[PDB]
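Proteins get letters first, then strands, A, B, ... in listed order; numbering begins at 1 in each. Heads up, header says this was done by electron microscopy, 3.2 Å. All ligand and atom numbering here is 1-based and tracks the order in the structure.
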Amino acid sequence: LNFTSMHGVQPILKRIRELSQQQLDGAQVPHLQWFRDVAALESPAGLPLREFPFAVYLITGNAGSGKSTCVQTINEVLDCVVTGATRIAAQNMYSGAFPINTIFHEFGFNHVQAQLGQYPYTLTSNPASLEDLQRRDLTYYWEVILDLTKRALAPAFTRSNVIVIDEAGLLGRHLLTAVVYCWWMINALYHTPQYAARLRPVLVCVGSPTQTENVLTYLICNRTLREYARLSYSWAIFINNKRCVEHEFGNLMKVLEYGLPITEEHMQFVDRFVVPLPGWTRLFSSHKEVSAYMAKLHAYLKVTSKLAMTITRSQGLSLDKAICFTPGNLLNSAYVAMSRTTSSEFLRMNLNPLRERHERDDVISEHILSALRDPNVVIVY
Amino acid sequence: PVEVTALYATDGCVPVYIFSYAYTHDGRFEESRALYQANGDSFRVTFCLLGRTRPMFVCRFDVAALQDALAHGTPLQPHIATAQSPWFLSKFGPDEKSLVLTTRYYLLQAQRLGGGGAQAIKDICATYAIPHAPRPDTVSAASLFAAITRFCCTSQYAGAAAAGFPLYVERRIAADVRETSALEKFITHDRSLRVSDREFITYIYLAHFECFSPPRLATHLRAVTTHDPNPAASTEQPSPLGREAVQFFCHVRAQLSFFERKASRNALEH
Ligand SMILES: Cc1nc(N(C)C(=O)Cc2ccc(-c3ccccn3)cc2)sc1S(N)(=O)=O
């Protein structure tokens, strides 16, 4: 029975409260004018450099590691607005203990089609101070933040300053600052008791860093954001898995996630799922190669559906029971697909994605190892 | 006198049914045991719906009819001259020892602001092993609160059993926290000359099983089970969890490759 969680959410609620209570100084608060000014510009070149202050708490871990129960506890202790990346996460975090919408809905989303990146920009001081970063992030959603800024100047963020956002891996880096801005842009508009109180928006982003640059990478990786949010004092990691009950497979998913050297023993293990069943979910690595079952799978009912996806589209998806990726175009890519089904009595694969040449990314794993080594990061089993 | 907080519900989403409920201003078990007879002149009531409960009105109170409502679960006639579906049968609804005590703690009795102020664990009432003296007619069969109010209000658990619930919650959490805190200090202080990362995962994932494995967690729950509510003879005991973990945390020889040896063993027995 999960119990160590009941005693690891405790220190998390302490730090989340310490962050949700603190009040900024005088000037360190977006004045209302700073928003019409953004609405007063035609090219993201008139944007004046200046902080939008914020603090963030990271709850990260493997899929099925117990992040859901930490959200369940925080929802029922702290006053928070609970949200998700995409309606998968929304229908996930949605009610078995005591509504929930996507974080895109919270700041509003015409706003769908976006020519993001159209307008240009370059940074200045190499260790860009937050003011340099947000100057870029606001630019990225020009024609997105622009309509949002014009309309509101022409309110769930106004209820609480703790904002739970599950599945942060689906949101790009430019959504860390946007959710900041449209928070400050709403609290400063209506003048809610939060605004008078000088409270910084405390975001609690929960999601898998290695299993799906996004928000989590933008916080874990950038030096200035680490120094600003003090992620040493604002990080808790759920080392566990309640759906993998076999030793070898759990070791595979552990040598993959935390980035340690592959072993010929592990290779030997993986040479047991290679198979060149009507249920095994056919994940792929091309959006054309999934329709390719127009020929083989479709009309196979003529002679005789989550079934077809791409591995990078199945991230954060829920599967019950065969990777058919194209060779040469695949170690952090299979990890997304192999971890959908709970056990290895349903996984199938077509090329042994550990002896075949592949592409391995290791920045996130390096930071995760250094973080677990940090004495001030909460670890929960 | 008696300040009573009545958590109430109504057939037409808001008669009134106090489906759980009383304190006196101080200036601990025994006084409540003397209040839960089987004891106040005046019952001033704060009637509340879903701290996690918000007062909806107040009534000063004929302590006769009110005591009737609190005791034999009777509904107050709107004698009061002074939400969700009956849901409430799904949540908080395994059985009596949970339905009558955890409802009264979670929503009502964290006003004492204990370290239990914090979740709906319904996981400490089960380590609350007070003897169950059975009774017939306890067939739930409840779907449109009197059907559940009588059920709740005349059960033996809520007496000296009720008075010893907050104290046991606190005691539970205290021993648990001391053991988990000592274990956490031993885990953290050992993440500070460090090993090649190949077996740093072996260290973390093996320490977090040498101190919170299912069998040793069960042993701890045994060392923290309570049979009589009276704090005097409560049948708790020193927990072995720290003492049986410090069988594994003899990493002091690592001051003058071992983790996968224990990993291989543990993995064999698991
Ligand atoms: C004997 C033993 N049992 C141990 N348990 C309970 C576990 O691994 C349980 C587990 C299994 C899989 C994961 C996981 C980790 C990353 C990605 C996916 N899944 C985590 C935890 S760990 C040891 S050992 N060899 O260190 O003494």
J.: For ligand 1, which of the listed compounds (cefalotin, thioridazine, amsacrine, pritelivir, nafamostat) is correct?
T.: pritelivir
J.: I'm curious which chain is the main partner for pritelivir (ligand 1) in this model - what does UniProt call it?
T.: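 By contact count, the main one is DNA replication helicase.
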J.: Using a heavy-atom cut-off of 4.0 Å, enumerate the other chains touching pritelivir (ligand 1).
T.: A, B
J.: Extract the binding site of pritelivir (ligand 1): heavy atoms, cut-off 4.0 Å.
T.: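 On a heavy-atom basis, the binding site is A:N62, A:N240, A:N241, A:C244, A:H247, A:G250, A:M253, A:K254, A:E257, A:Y381, B:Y205, B:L206, B:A263, B:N266, B:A267.
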J.: Report the molecule name recorded for chain B in the deposit.
T.: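 In the PDB, it's called DNA primase.
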J.: Enumerate residues in chain A that UniProt marks as binding ATP and that sit less than 4.0 Å from pritelivir (ligand 1) by heavy atoms.
T.: A:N62
